[PDB]
Amino acid sequence: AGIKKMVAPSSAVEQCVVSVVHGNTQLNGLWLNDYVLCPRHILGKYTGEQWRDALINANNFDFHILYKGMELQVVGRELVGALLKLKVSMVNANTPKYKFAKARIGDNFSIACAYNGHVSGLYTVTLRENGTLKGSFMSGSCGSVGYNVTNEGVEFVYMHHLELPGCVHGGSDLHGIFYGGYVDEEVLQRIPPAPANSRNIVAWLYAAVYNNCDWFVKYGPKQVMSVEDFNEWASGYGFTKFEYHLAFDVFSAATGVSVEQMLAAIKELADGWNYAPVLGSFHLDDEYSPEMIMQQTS
Amino acid sequence: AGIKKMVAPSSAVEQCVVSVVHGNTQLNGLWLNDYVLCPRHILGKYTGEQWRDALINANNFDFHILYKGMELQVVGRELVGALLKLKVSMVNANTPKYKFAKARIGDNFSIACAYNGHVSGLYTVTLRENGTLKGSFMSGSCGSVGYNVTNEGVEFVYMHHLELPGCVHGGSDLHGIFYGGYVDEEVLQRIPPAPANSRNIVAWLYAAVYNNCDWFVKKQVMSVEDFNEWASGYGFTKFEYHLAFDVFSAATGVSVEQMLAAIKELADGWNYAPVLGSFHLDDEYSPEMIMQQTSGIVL
Ligand SMILES: *[C@H](O)[C@H](C[C@@H]1CCNC1=O)NC(=O)[C@H](CC(C)C)NC(=O)OCc1ccccc1
Ligand SMILES: *[C@H](O)[C@H](C[C@@H]1CCNC1=O)NC(=O)[C@H](CC(C)C)NC(=O)OCc1ccccc1
């Protein structure tokens, strides 16, 4: 029992994290095969077609790359979306089996938070409705990657670029595509809102029942709210339309609590509560994917 | 900016995690040098003096150990407090620089939660006043270790043994000493409740101020002496100094006494506005975990 934010083990990622320094810009890259990927603002702060011109005019010898104190010489440079791809003269002999994948809204993945080309800390994030994260990043952490680990190998899903006002973090996939409607420029940007993820909240409320925290359904006469009714309510109250997940078949069977009881709970609990904590909290938590809860309950 | 539960990188620990199976009992161990440590209940469910005799009567060949699917033959065995130390036929050539150290109350450390000798996920815990953790463990996860990564190398501080009432967890240090007043026996054990850690709450409120959330200090400061008297009757620990607070107070312009007054105001919860997303004081962040996440904040 117990419910925690589960990070994936980082050994395969650590063997790929490098520093990349150009001028006064210090950030991190990802070394796979014979190349390093890093955010294109390693070049400086540009917009639009200025990135291509900054690429043409840069010199490979001006990019200083280290892996654990060993220099990697840059022998080619190219832009890949919002990333620079720097070919280097040495193959990473510890390149893991890997794929590049896109995170889906509501998914968790793990951040290998790095400074000076060394991973300093790992943590879980959740991809929000507007393609942002609530992470923990300071100057020097750009190029930190987000990843998952499966039976097949590592999946790299994210590389960090920027912090929007309100501590809203933004980045790209490893093909250099930004995850939401923001760009890597220090100008004000209007971005769609981030409604609470109802699906994830249902997973967390099941987690609570698994852990004998069930006052919000076991006390008071049973209530249910239909999906249709819940969706119409949710659209006016800053929650996402409900989406089903196969985990809920397992959870509902094991707990005896239906999905419709959980939707009615969300509506009742949506302004918070003070009766008793739910998994330590007095507000609904949308940060856990159904996968993360299943891995800790069954 | 932002505040998250920060786990230490796991590469060094992963190269030490093994499965240990004895009969129907499946758990994990820690392979360092030419030995593996694992919980003694790999032997069965014994009590008190029976463990010594159960270890003496076991055969080395009845312990099956795998590292990443590779067999490690047990060639010796010894009881070390709550652990078995199983000598094996191969030295771990990836043994990191390490020490065994005791976590202190309020400390964070990272858990490498393992099943079948494979780390499935990591998370952070906080050593509570009564020597328990709020972790996440299922059957098969015993022998998972807690660790920190420091300048010197890895510090192994915890090995997992059991789940107590209330979804709380207990275990030992790597000398086999249990962290609180409990043992590895499946009988009801009464353990003293754990007050909220005031020191860590102070660190978390500083974290909020670093992140431009400071409504709760915006006078009436409270002295450490008055705070300690109030805390002793309200389920909070006495304040304890931590040298991170010299940095936090200077950077934020907010004194510890302001923060202690805030703890008293906020002790029953609030609903004015969130603090770092929360409506109750959070004691799960050590001052070291906050410092690591704020040291580069300019604003
Ligand atoms: C890269 O290391 C850094 C990460 C930031 C630093 C603070 N917290 C982060 O996540 N990224 C930047 O500094 C980034 C560089 C630009 C050229 C994209 N700029 C930034 O994040 O400034 C904050 C900001 C971004 C967009 C509009 C208004 C303010
Ligand atoms: C060892 O893997 C296991 C870890 C427990 C399993 C459930 N959650 C844990 O943390 N330890 C035990 O099973 C332990 C064995 C004794 C001989 C020490 N007994 C125990 O923890 O009893 C409580 C319990 C609660 C829920 C399921 C199984 C056991």
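Chain identifiers are assigned alphabetically from A in the order in which the sequence lines are presented. Chain A residue numbers are taken from the PDB entry; in order, the displayed residues are 1-298. Numbers in chain B come straight from the PDB entry, and the residues shown are 1-218, 222-302, in order. Per the header of the entry, the method used was X-ray crystallography, 1.6 Å. For ligands, and for the atoms within them, numbers begin at 1 and follow the listed sequence.
Structurally, the greatest contact with ligand 2 is made by what the PDB entry calls main protease.
According to the PDB, the drug at ligand 2 is GC376 (bound form). Going by heavy atoms, the other chains that come closer than 4.0 Å to GC376 (bound form, ligand 2) are B. Residues in other chains coming within 4.0 Å of GC376 (bound form, ligand 2) by heavy atoms are B/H41, B/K45, B/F137, B/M138, B/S139, B/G140, B/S141, B/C142, B/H160, B/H161, B/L162, B/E163, B/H169, B/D184, B/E186. Annotation for GC376 (bound form, ligand 2): atoms under 4.0 Å from non-hydrogen atoms of B/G140 are 2 (O). In this structure, atom 29 (C) of GC376 (bound form, ligand 2) lies nearest to the protein heavy atom B/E186 OE2, 4.5 Å.
Protein heavy atom in closest approach to atom 12 (C) of GC376 (bound form, ligand 2): B/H161 O, 3.8 Å.
Of all atoms in GC376 (bound form, ligand 2), numbered sequentially from 1 with element shown, those under 4.0 Å from a heavy atom of B/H169 are 10 (O). Regarding atom 3 (C) of GC376 (bound form, ligand 2), its nearest protein heavy-atom neighbour is B/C142 SG, 2.7 Å. Remark: GC376 (bound form, ligand 2) atoms within the under-4.0 Å shell around heavy atoms of B/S139 are 6 (C), 7 (C). In this entry, the covalent bond from GC376 (bound form, ligand 2) runs to B/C142 SG. In this structure, the protein non-hydrogen atom closest to atom 10 (O) of GC376 (bound form, ligand 2) is B/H160 NE2, 2.7 Å. If you check which protein heavy atom lies closest to atom 21 (O) of GC376 (bound form, ligand 2), you get B/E163 N, 3.0 Å. Atoms of GC376 (bound form, ligand 2) lying under 4.0 Å from any heavy atom of B/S141, numbered from 1 in the order shown and given with element: 2 (O). Distance remark: protein heavy atom not present below 4.0 angstrom from atom 27 (C) of GC376 (bound form, ligand 2).
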